[PDB]
Undergrad: 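I'd like to ask you about the structure that follows.
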Amino acid sequence: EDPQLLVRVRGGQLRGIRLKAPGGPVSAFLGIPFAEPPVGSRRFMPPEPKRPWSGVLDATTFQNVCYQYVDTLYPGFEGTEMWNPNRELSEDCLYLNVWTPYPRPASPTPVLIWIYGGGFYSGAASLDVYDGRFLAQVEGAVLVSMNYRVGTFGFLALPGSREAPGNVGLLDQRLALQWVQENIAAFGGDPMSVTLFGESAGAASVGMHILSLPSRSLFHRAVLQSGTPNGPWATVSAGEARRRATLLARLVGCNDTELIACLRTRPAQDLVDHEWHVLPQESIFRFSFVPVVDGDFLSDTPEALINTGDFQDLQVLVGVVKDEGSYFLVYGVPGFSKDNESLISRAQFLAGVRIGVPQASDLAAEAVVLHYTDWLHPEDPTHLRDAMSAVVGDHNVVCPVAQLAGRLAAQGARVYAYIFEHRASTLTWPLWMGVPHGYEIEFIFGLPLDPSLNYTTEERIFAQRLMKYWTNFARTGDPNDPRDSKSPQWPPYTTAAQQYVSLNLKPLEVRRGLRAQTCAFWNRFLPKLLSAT
Amino acid sequence: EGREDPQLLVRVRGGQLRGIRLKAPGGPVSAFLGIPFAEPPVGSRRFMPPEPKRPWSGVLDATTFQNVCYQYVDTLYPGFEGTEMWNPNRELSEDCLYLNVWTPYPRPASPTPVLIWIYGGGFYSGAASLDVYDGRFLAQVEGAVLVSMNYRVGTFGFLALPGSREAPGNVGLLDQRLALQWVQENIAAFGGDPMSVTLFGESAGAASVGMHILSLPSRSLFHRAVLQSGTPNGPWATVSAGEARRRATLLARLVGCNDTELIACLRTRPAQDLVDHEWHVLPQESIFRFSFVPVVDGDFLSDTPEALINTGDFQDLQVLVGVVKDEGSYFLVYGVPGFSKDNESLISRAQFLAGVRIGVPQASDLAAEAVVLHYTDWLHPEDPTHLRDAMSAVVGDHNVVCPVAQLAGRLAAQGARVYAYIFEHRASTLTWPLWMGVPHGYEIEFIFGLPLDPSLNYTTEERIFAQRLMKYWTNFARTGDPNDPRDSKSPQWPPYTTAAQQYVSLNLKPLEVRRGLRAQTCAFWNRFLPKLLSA
Ligand SMILES: *[C@@H]1O[C@H](CO[C@@H]2O[C@@H](C)[C@@H](O)[C@@H](O)[C@@H]2O)[C@@H](O)[C@H](O)[C@H]1NC(C)=O
Ligand SMILES: O/N=C/c1cc[n+](COC[n+]2ccc(/C=N/O)cc2)cc1
Ligand SMILES: O/N=C/c1cc[n+](COC[n+]2ccc(/C=N/O)cc2)cc1
Ligand SMILES: *[C@@H]1O[C@H](CO)[C@@H](O)[C@H](O)[C@H]1NC(C)=O
Ligand SMILES: *[C@@H]1O[C@H](CO)[C@@H](O)[C@H](O)[C@H]1NC(C)=O
């Protein structure tokens, strides 16, 4: 019995496991209940705090993954399976994990809270790419990660109802955040320096905590990687959640109370089986059950909230990877695949646009096409393929990111922006996909430091740099290395200068304007074009 | 006769002519100036198509330029060379249907390629007698036969009541065509080859050139064409029949005037009266719009230039087309608040948006907003230098560059051999401010060989470059190909194709080949903007 692996939290005692990191040991406290299991009559309901327990609770192993869809497009291919559930699926899934240095820190240590993505339909804090041991051992960080309910279980809403109020998967997150405030000092964490970080849906979730007042007393800084609360995919209107929830109910054979009661009688896979049948159009980068603009957790649309918000004493780090949209093309757009170069025709490019921008009228999709076509090389298959990925990435990530960055900067936040441009040497997806969505995470988490993983020594050095920016950001709100001099410095992003930096194997480079001309199309013109059909 | 110079006496279908021996830098040229080609379109012949000139008796003196067609005289900058160089330089009269011929001296041994110039001036102005159109250098240096004609402009040339007998419209184009017929019948008398005739013109003249290409009865009268900073397609070069009728009946109201009655009353009006009100009839506050222009009548133009270029067959034709570096700057100072020749014209963002409404007067609010969003630099959305240069570009692109690119593509796709250029050299003698770059019209003195006149103050480099451009223009006239046949060491000028979209820089440096004439931006104007009009 190691005194270092025993912790008394408010609910009772816990026993961790000493793990081996390349540099030395870390303590991990995995599978901690932070809520009552949301099972039975608690399906679709806000989480309740976990009742205290007798004895010493075994926190040496990851808990179950929230009930979700398992990917089937490329069975047994690492590039897809690396995101698939790596534990048993259960609705009993509300647990969090804590890594700390060993011995546990002498003084209060900045806390990093990770919120996974997965389109609000998938994910788990147990995936190898979210391994907290490196950040804990190398940087001295206390690292936290929670499971939150995904899919229908997290986001099925009948707005204004008592029994499916919507946004419960975000309340799961808020609860883990509260758990950290109350409990993290016992692990050596500083609850007075908490930084949220997340990628994709995790980043939009982080963005919703910025925009929801009750969340604001539970963190100090935020990192949003490749996702935003604003934009076309991260929320739905109250009317449209109602539509999709009552559609799913028809599909499984089911007065709000009557309807919800019947949905609660349904086996979990029954919900998942029909989860994708409720989207209004054939689309990609669009998810059925997502946070709803309820007038509660979200008092207005994210767009409204970022336009009028006051972000006085907030610091934010945001960025994108080089090829945000490539990954999504293989899952819906005819002519695209990982098993070849995916060289498309003009006709397939026009069809792909109607799927990547499903909300577009004829005129608006034509404006997209006429903008993304290279008029010197209009029928060139390589250009057309790359433009298709660009449409998807710009519309869904880069331009929302640029819109958020600018509003936050203008409204008194401190913002730092990046583009991640290094393609993992170990990447299993083909070259044409470039640096796809999700593929910065392994570097930020420090995975190249594990020698058995086969990364180059250059990528190990680059990981160490990224871990430093991210933890310097957590410590100080400024990602710059206070010991390093000539770097060059990473400047804050502003609406005037519009400076962001390239994260790649070369030293930092400062660039201005994150797709400025193209994003003006998406953020300024396109709305005016749709709102007159 | 018997005392006169034997080489200056020539007979044409209408009678005997006496010309003048002119001095060009390299030696003498023959010039036959103010040859009447029509009956004076005066009195009851106002607004009427031209009738061929009736034969005269005795020897007609063809030693001085004739009257300039009745027109507006520019007043923005009185005394300023930059504007005055374009103003009438002979008496204004409705009796103006005369043409000019320059040939080598003595006249050429064997039949010589004929170049026919058609002046610009928005269809409301121009004269073939302006200094910048002087044919003496092309004649002397290239051995060229050069013809230029006066045609009617403004209400006199283009006021139409489409369908009427008394004002059918397009008669200014009919003057041009009559002069092309005069060349077929009579140019052999001067050593000119009627089986090798090349039209060239700039701005409205280039539009004119383009309309002879699109008009069947003109096709038998010329063989090759040069369109310089102008096209028959685009937003300014024609109006619909309904719009012409509307403009004609307003002008009529303004001067106090059944179509016969209306026109009979216009014919009783002093020329100056019509001129005094012609600008008063445009539908919006605008620049690069002209009141009285070719009308889509279903006769001279059987359909819109757009319909005809898209569906035409241009098999047996070679075309040279191009643009200057700064097509729009000139137009700004006549109508966009915040722009002047006398300062740097740095404008605010508000002055930009207002200017876009004036430069694109046919645009809805959505369309104007598209233009503003496309041309804004979103790194520096409020920078006054960028906004100034963006404003110029909007106007240049909308009216010239994108119409030209549209034309070149259609023509090339449909049988014609096409060669394309951008003219990027700014005269060392230009009187317009630096900000205006290389304005509309400021290539013409180079094609015409003016720098060769040592009394004009061009650089030696400019003399050499002028000589180069005259070689290209005349090689094109000769052979439908601007490239020197012998000289293979010079860099070549490839044809423009839809596939490769190749064009050349014209500056003091050897030809450089570039690809795509504003391809991204002209997709906005040519492909997207029309569709946003339909909403
Ligand atoms: C540049 O010029 C524009 C036109 O104003 C005219 O020319 C100048 C020299 C004035 O002094 C005035 O006499 C004329 O009406 C102006 O609208 C514009 O403000 C000027 N730009 C600046 C900032 O000087
Ligand atoms: O019940 N869920 C059904 C379902 C959910 C999602 N999809 C499509 O999701 C596949 N997908 C995986 C990863 C990605 C991008 N990852 O970065 C995009 C799309 C199909 C069916
Ligand atoms: O009767 N005519 C009246 C009238 C005509 C034209 N305008 C304005 O046009 C003057 N202008 C001259 C040259 C140019 C461009 N030249 O390249 C643009 C505008 C005012 C009144
Ligand atoms: C790649 O594969 C898909 C389907 O398996 C196919 O539609 C496409 O034509 C292929 N791409 C290329 C390079 O032709
Ligand atoms: C050109 O230069 C001469 C000689 O210096 C000068 O006197 C004359 O006025 C100039 N002429 C023109 C055409 O401007």
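The order of the sequence lines fixes the chain letters, beginning with A. The residue numbers of chain A are those assigned by the PDB entry, with the residues present covering 4-257, 265-543 sequentially. In order, the residues displayed for chain B correspond to 1-257, 265-542 in the PDB entry numbering, which applies throughout. If you're wondering, the header gives X-ray crystallography, 2.4 Å. Below, all heavy atoms of this structure are taken into account, side chains as well, without hydrogens, waters or symmetry copies. Counting starts at 1 for both ligands and their atoms, in listed order.
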Undergrad: What does the PDB call the drug placed at ligand 3?
TA: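 You're looking at obidoxime.
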Undergrad: Going by the PDB entry, what is the chain that binds obidoxime (ligand 3) with the most atom pairs under 4.5 Å called?
TA: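 By the greatest number of contacts, it's Acetylcholinesterase.
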Undergrad: Around obidoxime (ligand 3), which other chains have a heavy atom under 4.0 Å away?
TA: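 Other chains in heavy-atom contact: B.
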Undergrad: How close does the nearest protein non-hydrogen atom get to atom 9 (O) of obidoxime (ligand 3), and which residue and atom is it?
TA: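 Checking every protein heavy atom, the shortest distance to atom 9 (O) of obidoxime (ligand 3) gives B:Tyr124 OH, 3.6 Å.
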Undergrad: Tell me which UniProt active-site residue of chain B is nearest to obidoxime (ligand 3) and the heavy-atom distance to 1 Å.
TA: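 Going by UniProt active-site residues and heavy atoms, it's B:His447, 3 Å.
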Undergrad: Polar-atom distance check: B:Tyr341 versus obidoxime (ligand 3), any N or O pair below 3.5 Å?
TA: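 Checking obidoxime (ligand 3) against B:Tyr341, no N or O pair falls under 3.5 Å apart.
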Undergrad: Does any N or O of obidoxime (ligand 3) fall below 3.5 Å from an N or O anywhere on B:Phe338, backbone included?
TA: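 For obidoxime (ligand 3), there is no N or O atom that lies under 3.5 Å from one belonging to B:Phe338.
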Undergrad: Record the residue and atom bearing a covalent link to obidoxime (ligand 3).
TA: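 Covalent partner: none.
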Undergrad: Could you tell me the residue and atom name of the protein heavy atom closest to atom 1 (O) of obidoxime (ligand 3), and the distance to it rounded to 0.1 Å?
TA: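 Protein heavy atom at minimum distance: B:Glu285 OE2, 2.6 Å.
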Undergrad: In terms of atom number and element, which parts of obidoxime (ligand 3) are under 4.0 angstrom from non-hydrogen atoms of B:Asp74?
TA: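 Checking each atom against B:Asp74, I get 10 (C), 12 (C).
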Undergrad: Could you identify the single nearest non-hydrogen protein atom to atom 8 (C) of obidoxime (ligand 3) and state the distance to 0.1 Å?
TA: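 Atom 8 (C) of obidoxime (ligand 3) sits closest to the protein heavy atom B:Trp286 NE1, 4.1 Å.
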Undergrad: Find all atoms of obidoxime (ligand 3) within a distance of less than 4.0 Å from any non-hydrogen atom belonging to B:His447, and give their numbers and elements.
TA: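 Taking each heavy atom of B:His447 in turn, obidoxime (ligand 3) has 17 (O) under 4.0 Å.
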Undergrad: Which residues form the binding site of obidoxime (ligand 3) when counting heavy atoms under 4.0 Å?
TA: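 Within 4.0 Å (heavy atoms), the residues are B:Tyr72, B:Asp74, B:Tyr124, B:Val282, B:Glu285, B:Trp286, B:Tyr337, B:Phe338, B:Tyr341, B:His447.
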Undergrad: Between obidoxime (ligand 3) and the protein, which N/O pairs are shorter than 3.5 Å?
TA:
from, atom 1, to, atom 2, distance (Å)
obidoxime (ligand 3), 1 (O), B:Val282, O, 3.2
obidoxime (ligand 3), 1 (O), B:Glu285, OE2, 2.6
obidoxime (ligand 3), 2 (N), B:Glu285, OE2, 3.3
obidoxime (ligand 3), 11 (N), B:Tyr124, OH, 3.4

